[PDB]
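So that the names make sense, note that chain A is the first sequence line, chain B the second, and so on, each numbered from 1. Both ligands and their constituent atoms are indexed starting at 1 by order of listing. All values below were derived from every heavy atom in this structure, side-chain atoms included, with hydrogens, water molecules and symmetry-related copies excluded.
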Protein chains: 2
Amino acid sequence: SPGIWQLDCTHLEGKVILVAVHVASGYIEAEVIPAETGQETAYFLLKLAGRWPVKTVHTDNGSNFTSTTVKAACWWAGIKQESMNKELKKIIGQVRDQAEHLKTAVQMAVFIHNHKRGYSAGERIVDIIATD
Amino acid sequence: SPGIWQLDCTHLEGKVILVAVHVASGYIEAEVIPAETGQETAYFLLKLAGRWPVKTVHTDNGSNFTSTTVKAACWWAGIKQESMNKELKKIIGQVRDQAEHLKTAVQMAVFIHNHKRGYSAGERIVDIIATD
Ligand SMILES: Cc1nc2c(c(C)c(C)n2Cc2cnn(C)c2)c(-c2ccc(Cl)cc2)c1[C@H](OC(C)(C)C)C(=O)O
Ligand SMILES: Cc1nc2c(c(C)c(C)n2Cc2cnn(C)c2)c(-c2ccc(Cl)cc2)c1[C@H](OC(C)(C)C)C(=O)O
C-alpha cells in the first residue's frame, strides 16, 4: 500500500539515526536526531507527512509511538498506526570518510540508496504514488 | 523542467527559514536553520538531493552559493546552477498558535501548502517526476 511507512531508530557513534522507509518502494528518509525522544519522533513525522502521503506508520518498537506528543502529531497529520538499517549502516561506512559529521554521511548514504538502481528506490516511489 | 528548484532564506521571530520550491509544481520543502550559513545550505542541499532529482538550483541571492562548502555539496550531488515566502509566512501565521516552536509551525505550513488543492502541489510534483 502506497501510504505505509516504517519508522525506526538505529545507533552509530553514540548518536541516533531515525530511519523512515517507504515499505512499498524501499525509499528512505533518514536524519540524525540529538536524542531518541518522542518530541523528535513527532517532529520527524510532521516533516515526513508534509512531503509524502503518509497514511499508516509501522515500527519495530511500538513504545516509540506511546508519546502524547507523537500521538498528537499523528492526529494532526491524519496518520494511523499500521533489513534496511544494516544496508544504510553499510553505505554510511563506505562514505563515512567523505565527511566530518555523521549527519552529513547519513544524507550521503540516503542519496546513494534512493538513487542506486531496474529502477531506483526514488524512481519507484514517485511511480507508486503517481499511479495511486 | 522537472529538476529545477529555487532555494531562499526568509526571516521570522529572529530565526531563518530555508525554503526550497520545486518551480515546476510549487511543492515546498522548508526547514528552520540556526543560522544563515553556507554549511546549513550545503547540508540542506544534500538532504534535498537525496529525496528528489535535483538537477539545477536557482536562488534570489546568488551569494548564497559562493561558499566553498556549498559548491562541494553541489559537486557531490551533481547539481548545477540554473511569490511563495509570502504564502508560506501567511500559512505559518494561521497555524502559529497551534505550536510552541516556530519550526513545528513551519512544518505544519509545509504540510498544508503541499496538500492544499485541481491537484495539490504534492500531487503534481510526483506526477511531473513520474512522467519524466
Ligand atoms: C562541516 C563541513 N565542512 C566543510 C565541508 C567542506 C567541503 C569544506 C571545504 N568544509 C570546510 C573545511 C573542511 N576542512 N577544513 C580545514 C575546512 C563539508 C562538506 C563535506 C561533504 C560535502 Cl558533499 C559537502 C560539504 C562539511 C560537512 O558538513 C556540512 C554540514 C555538510 C557542511 C561535513 O560533515 O563534512
Ligand atoms: C514542544 C512540543 N510539546 C508538546 C507538543 C504536545 C502535543 C504536547 C502534549 N507537548 C507537551 C506539552 C505542551 N504543553 N505542556 C504543558 C506539555 C508539541 C506538538 C505540537 C503540535 C503537534 Cl501537531 C505535535 C506536537 C510540541 C511541538 O514540538 C515538537 C518538536 C513538534 C514536538 C511544538 O512545537 O509545539
Which macromolecule in this structure makes the most heavy-atom contacts with ligand 1, going by the name the PDB entry uses? Integrase
Not sure I'm reading this right - what drug is at ligand 1? pirmitegravir
By chain letter, what other chains have any heavy atom closer than 4.0 Å to pirmitegravir (ligand 1)? A, B
Out of B:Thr68, B:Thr69, A:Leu102, who gets a non-hydrogen atom closest to atom 5 (C) of pirmitegravir (ligand 1)? B:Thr69
Heavy-atom protein neighbour under 4.0 angstrom from atom 13 (C) of pirmitegravir (ligand 1): no
Nearest option to atom 23 (Cl) of pirmitegravir (ligand 1), as decided by whichever heavy atom of A:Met108, B:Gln39, A:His101, B:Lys47 sits closest: A:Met108
Closer than 4.0 Å to some heavy atom of A:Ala99 - which atoms of pirmitegravir (ligand 1) meet that? 33 (C), 34 (O), 35 (O)
For atom 3 (N) of pirmitegravir (ligand 1), state whether the nearest protein heavy atom is under 4.0 Å away. yes
I'm curious, what organism does the PDB give for chain B? Human immunodeficiency virus 1
Within-cutoff protein neighbour (heavy atom, under 4.0 Å) for atom 16 (C) of pirmitegravir (ligand 1): no
Tell me, which protein residue and heavy-atom name are nearest atom 7 (C) of pirmitegravir (ligand 1), and how many Å apart are they? B:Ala72 CB, 3.6 Å
Could you identify the single nearest non-hydrogen protein atom to atom 22 (C) of pirmitegravir (ligand 1) and state the distance to 0.1 Å? B:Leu46 CD1, 4.2 Å
Please list the nearest protein heavy atom to atom 20 (C) of pirmitegravir (ligand 1) with its residue and the distance rounded to 0.1 Å. A:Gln98 O, 4.1 Å
Closest protein heavy atom to atom 28 (O) of pirmitegravir (ligand 1), given as residue, atom name and distance to 0.1 Å: A:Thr104 OG1, 3.2 Å
Looking only at protein heavy atoms, which one is nearest to atom 35 (O) of pirmitegravir (ligand 1), and how far off is it? A:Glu100 N, 2.8 Å
Take atom 9 (C) of pirmitegravir (ligand 1) and look for protein heavy atoms under 4.0 Å from it; say yes if you find one, no if not. yes
If you take every non-hydrogen atom within 4.0 Å of pirmitegravir (ligand 1), which residues does that pick out? A:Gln98, A:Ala99, A:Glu100, A:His101, A:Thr104, A:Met108, B:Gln39, B:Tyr43, B:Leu46, B:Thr68, B:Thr69, B:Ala72, B:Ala73, B:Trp76
